[PDB]
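Structure, chloramphenicol succinate included.
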Amino acid sequence: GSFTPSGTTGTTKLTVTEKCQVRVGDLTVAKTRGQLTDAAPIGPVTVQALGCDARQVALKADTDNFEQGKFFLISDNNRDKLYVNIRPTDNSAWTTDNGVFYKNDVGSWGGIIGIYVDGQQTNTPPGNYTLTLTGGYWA
Amino acid sequence: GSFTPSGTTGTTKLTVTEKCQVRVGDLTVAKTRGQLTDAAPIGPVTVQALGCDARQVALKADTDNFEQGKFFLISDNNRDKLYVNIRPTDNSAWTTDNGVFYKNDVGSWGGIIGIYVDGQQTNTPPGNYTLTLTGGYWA
Amino acid sequence: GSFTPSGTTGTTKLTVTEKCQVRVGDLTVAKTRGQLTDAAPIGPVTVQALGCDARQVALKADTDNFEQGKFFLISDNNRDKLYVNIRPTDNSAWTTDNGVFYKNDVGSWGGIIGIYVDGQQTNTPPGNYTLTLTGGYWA
Ligand SMILES: O=C(O)CCC(=O)OC[C@@H](NC(=O)C(Cl)Cl)[C@H](O)c1ccc([N+](=O)[O-])cc1
Ligand SMILES: O=C(O)CCC(=O)OC[C@@H](NC(=O)C(Cl)Cl)[C@H](O)c1ccc([N+](=O)[O-])cc1
Ligand SMILES: O=C(O)CCC(=O)OC[C@@H](NC(=O)C(Cl)Cl)[C@H](O)c1ccc([N+](=O)[O-])cc1
């Protein structure tokens, strides 16, 4: 049961605002707190594995993005959490183990991992939220 | 008289150089210190508000970018200032209040905010300068 | 013998992985440690000088990227080095002096600087490696 970092990093960012929302500069992913309903999509994460025919593809969340079997985006100040579910768009089987989301079967998997709001969190404080996922393999 | 953060962040960057200027890597906004003449344009900042029919759109500068009713880009080391004026390209009326630039009338305004050199500053030390503006609303 | 910073910054990034490599998110430059063979190209660095007819174009590496006449990409944690050679793709003559790579002749040079693995380093620890180069001039 261990993760070996071996791959690149994907960063999922979301800015939460109030109903009166002021977008400054280039387009980024932003939602009102009212839009943070259960199962609301936050964004996709592409995964492309190579040379993993005999290993289980895995993604490890940054330390600040997990606790107690749960994943969450975290505010810039490290204070506020936005709980999420992480799920492949296909029908593949994965397991969660202490910040690690790994594939049940070996193979050089390619696919999309979706990040979804876990439980309505319409009271989330406005701010910039991040989830960082690093590629590697589990055993 | 208070700002509520509610929106995204726009970052205005400028690299100041000497006459002999060496651009490394991708194109970025760069000027010689000799080009930092009064009213010289540094760049535009897009603003798009939504759901603000009953609020005054506002932009708040990072703490390190204002003092004494004045705005400035700040060097990477926090030491050197480049004083600027912030002005909408249209004929709309705005007010400055302690790092906050807010619109006089309520409404979901969309427009361009220009950043301009305030007073000739042709002796500015070469370096990378930044101005950070966060969207929200004032009352 | 001194460098005057005057220009922009180019950042060369490389993620080193094991054979089982998991790419997460957008495409970035990544190699297996087995690919870090001698003279292996890491990437190009564009250089465009202006107003340097009477100066020697120069690039200075960040402090953490050089020591003892040698250049290296450095890991995120500052611990691990990946030694490189820096060489213009054309036939121009340059000199290295304590973290500074400068052109022997004056002139507003434009060209490509290649970054290459210096000596096989197939045991490099997986991680994210960076080399930062700032433009300016030498005398
Ligand atoms: O994406 C966001 O920024 C917010 C969520 C969204 O787009 O709503 C719905 C959306 N789904 C997702 O973002 C899920 Cl989280 Cl993967 C959409 O159906 C979609 C986008 C991208 C891809 N893809 O690249 O394969 C598949 C499906
Ligand atoms: O922009 C820079 O990088 C330097 C300033 C400049 O472009 O000089 C002149 C320029 N103006 C500005 O940058 C002002 Cl600061 Cl908005 C130009 O007229 C312009 C650019 C973009 C837009 N727009 O997007 O609507 C309107 C006008
Ligand atoms: O580049 C990488 O990401 C890895 C190295 C590579 O591309 O292998 C080979 C490659 N060379 C380089 O990257 C050297 Cl380090 Cl400049 C290629 O021949 C090339 C790329 C770009 C340019 N250019 O912009 O002028 C010239 C030549």
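Residue numbering restarts at 1 for every chain, and letters A, B, ... go by the order of the sequence lines. Header entry for method reads X-ray crystallography, 1.9 Å. Side chains are part of it too, since the values below use all heavy atoms of this structure and drop only hydrogens, waters and symmetry mates. Counting starts at 1 for both ligands and their atoms, following the listed order.
Here the macromolecule bound to chloramphenicol succinate (ligand 1) with the most contacts is known in UniProt as Dr hemagglutinin structural subunit. Every other chain with a heavy atom under 4.0 Å from chloramphenicol succinate (ligand 1) is listed here: A. The site surrounding chloramphenicol succinate (ligand 1), defined by heavy atoms under 4.0 Å, contains A:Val29, A:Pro41, A:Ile42, A:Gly43, A:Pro44, A:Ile112, A:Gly114, A:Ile115, A:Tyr116. Atom 27 (C) of chloramphenicol succinate (ligand 1) is not flagged as protein-proximal [any protein heavy atom, distance under 4.0 Å].
Among protein heavy atoms, atom 24 (O) of chloramphenicol succinate (ligand 1) sits closest to A:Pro44 CG, 4.1 Å. Protein heavy atoms are absent from the space less than 4.0 angstrom from atom 7 (O) of chloramphenicol succinate (ligand 1). The presence of a protein heavy atom under 4.0 Å from atom 14 (C) of chloramphenicol succinate (ligand 1) is confirmed.
Inside a 4.0 Å radius of atom 18 (O) of chloramphenicol succinate (ligand 1) there is not any protein heavy atom. Here is the list of chloramphenicol succinate (ligand 1) atoms found below 4.0 Å of a heavy atom in A:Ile115: 15 (Cl).
The deposit lists the origin of chain A as Escherichia coli.
What sits closest to atom 5 (C) of chloramphenicol succinate (ligand 1) on the protein, heavy atoms only, is A:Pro41 CB, 3.2 Å. Within the 4.0 angstrom cut-off, atom 2 (C) of chloramphenicol succinate (ligand 1) has one or more protein heavy-atom neighbours.
Atoms of chloramphenicol succinate (ligand 1) lying under 4.0 Å from any heavy atom of A:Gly114, numbered from 1 in the order shown and given with element: 15 (Cl), 16 (Cl). Scanning all protein heavy atoms for the shortest distance to atom 4 (C) of chloramphenicol succinate (ligand 1) gives A:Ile42 O, 3.1 Å. The nearest protein atom to atom 25 (O) of chloramphenicol succinate (ligand 1), hydrogens excluded, is given as A:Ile112 CG1, 3.7 Å; this is a heavy-atom distance.
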Present, as a list of atom pairs with distances to 0.1 Å, all nitrogen or oxygen contacts under 3.5 Å between chloramphenicol succinate (ligand 1) and the protein.
from: chloramphenicol succinate (ligand 1); atom 1: 3 (O); to: A:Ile42; atom 2: O; distance (Å): 3.4

